[PDB]
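Section: structure with methoxsalen.
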Amino acid sequence: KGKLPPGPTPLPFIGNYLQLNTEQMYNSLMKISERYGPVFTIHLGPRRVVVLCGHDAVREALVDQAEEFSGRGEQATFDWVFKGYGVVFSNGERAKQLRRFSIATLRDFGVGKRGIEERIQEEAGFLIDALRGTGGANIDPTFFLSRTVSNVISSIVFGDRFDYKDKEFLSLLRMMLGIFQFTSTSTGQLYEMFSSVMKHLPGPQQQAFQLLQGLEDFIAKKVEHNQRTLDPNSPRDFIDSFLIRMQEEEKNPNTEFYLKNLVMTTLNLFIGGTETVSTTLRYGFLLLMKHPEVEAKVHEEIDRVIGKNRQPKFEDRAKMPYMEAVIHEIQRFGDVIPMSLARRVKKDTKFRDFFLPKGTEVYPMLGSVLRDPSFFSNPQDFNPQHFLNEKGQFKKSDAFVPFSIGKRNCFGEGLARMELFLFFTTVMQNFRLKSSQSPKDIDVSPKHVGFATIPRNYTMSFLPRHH
Ligand code: HEM
Ligand SMILES: COc1c2occc2cc2ccc(=O)oc12
């Protein structure tokens, strides 16, 4: 039947709000799924959204009907600053043009090649110095990890890294951490439903907007400088490249290459290339302290394959199935972006005997794919075996979708995977982790779950490995 997926009856404007717990959107949605099935319709305030739970529904839509589900839906807190500009939250021609250019420009600046691998290895060296600098003292690893991660994408988009002592750099990192935290709280999820009123009201969301505003202001300041020092012949970074394409297109009235898309696209990458990787690393170390046996096996593999002298290199991954399994399990357990970024159908679509009118938003519940009990034996526990066969070799999974899938999937996945492996490996090779508390008492449940999955605050010490 040409019918929209089934779902609970919505009330005018508020939608299904009375049937949802904004502090736990994910659980609220999965519960509703228990009654209506894997594919259902929900009304987040006035926003009608088709929810996709489980591997099959998600893959069937985003991959089997990729083009139809390739539209970009909204994320209200982020659209407040982006407003449809830039590569992430853009649609149609704007997105195709910005995405093609971004992927190309990233590769031209080392992504995938030896260039960025070297940059990551150097930055990891700096992270190691910094952790040695704590003298084994108990610390909050949060900004040690974010400063390192950020410098990778920062050297690509800005021309070079930030000094670890640059206070403005810490400030930008605080803004990123804060925005991801806000969109993961109940107020952030309430904003997803009622932004029409809430953006004009006092409250936590206003402080969230200022963080985005500070990030935009910073990007706009970096662009100006690049502009007044640009060598049309020798671009220094992503910004230069984009400024050059802008000049080339100065004659195309319909060009997507203009200042606003440069500021928004660069901001997209600065944030995207920072907080996601940083949050995964942070959750990862907490999971390893909770499971010493896994850290032990990681240490075994690192000592055999890499040893204690040379810097780990990306190709080492081919020889380390356990480590590769652990990183996969960390991303699977962490479920950093539990509901992906909303997609939307480009045109009237037919999906599993259901009807989805053009423009309909879609929520691919990645978290439900990473925990599909039909793909992982103990979906609720942290267990690397989930990514190993009986002979202890690495085993892929069609349900491993932390980067989502399809036409608007994460094109930073390559950089991210290189970062996760090189940082997790280089740190583990140099230190054993010591929990400020007892393994049995470490809580790995998340502190917040909304747009992102935020792990609980913790402290730890990095103890060197020598004797
Ligand atoms: C552990 C790290 C990361 C995770 C879990 C992650 C996750 C995701 C997800 C789930 C999406 C939405 C995909 C979709 O619509 O289907 C996405 C989008 C995107 N990611 Fe990542 N990401 C990570 C790191 C990166 C990095 C390092 C960069 C930057 C180079 C980045 C750049 C982007 C961009 C530009 C998009 C938007 C793509 C588009 O709309 O066409 N991501 N990411
Ligand atoms: C481009 O990278 C990303 C992301 O990647 C994965 C999640 C995610 C969220 C944002 C939000 C704002 C932004 O500017 O960028 C983002």
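Residues displayed in chain A correspond, in order, to the PDB entry positions 30-496. Determination method: X-ray crystallography, 2.0 Å. As the structure lists them, so they are numbered: ligands from 1, and atoms in each ligand from 1. Heavy-atom basis, side chains included; hydrogens, waters and symmetry copies ignored.
- Lab note - all copies counted, methoxsalen located at ligand 2.
- Structurally, the main neighbour of methoxsalen (ligand 2) is the chain that the PDB entry identifies as cytochrome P450, family 2, subfamily A, polypeptide 6.
- Taking every non-hydrogen atom of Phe111 and a distance limit under 4.0 Å, the qualifying atoms of methoxsalen (ligand 2) come out as 12 (C), 13 (C), 14 (O).
- Per UniProt's substrate-binding annotation of chain A, a non-hydrogen atom lies under 4.0 Å from methoxsalen (ligand 2) in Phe107, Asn297.
- By the criterion of a heavy-atom distance under 4.0 Å, both the backbone and the side chain of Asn297 are placed next to methoxsalen (ligand 2).
- Protein heavy atom at the shortest distance from atom 16 (C) of methoxsalen (ligand 2) is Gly301 CA, 4.0 Å.
- Residues flagged by UniProt as binding heme in chain A that sit under 4.0 Å from methoxsalen (ligand 2) (heavy atoms): none.
- The single protein non-hydrogen atom nearest to atom 7 (C) of methoxsalen (ligand 2) is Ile366 CD1, 3.6 Å, given as residue, atom name and distance.
- Each of the atoms 1 (C) of methoxsalen (ligand 2) lies under 4.0 Å from some heavy atom of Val117.
- Heavy-atom proximity to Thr305, at under 4.0 Å, picks out these atoms of methoxsalen (ligand 2): 5 (O), 6 (C), 7 (C).
- Among protein heavy atoms, atom 8 (C) of methoxsalen (ligand 2) sits closest to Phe480 CZ, 3.8 Å.
- Applying a heavy-atom cut-off of 4.0 Å to methoxsalen (ligand 2) picks out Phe107, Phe111, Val117, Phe118, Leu296, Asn297, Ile300, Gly301, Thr305, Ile366, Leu370, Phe480.
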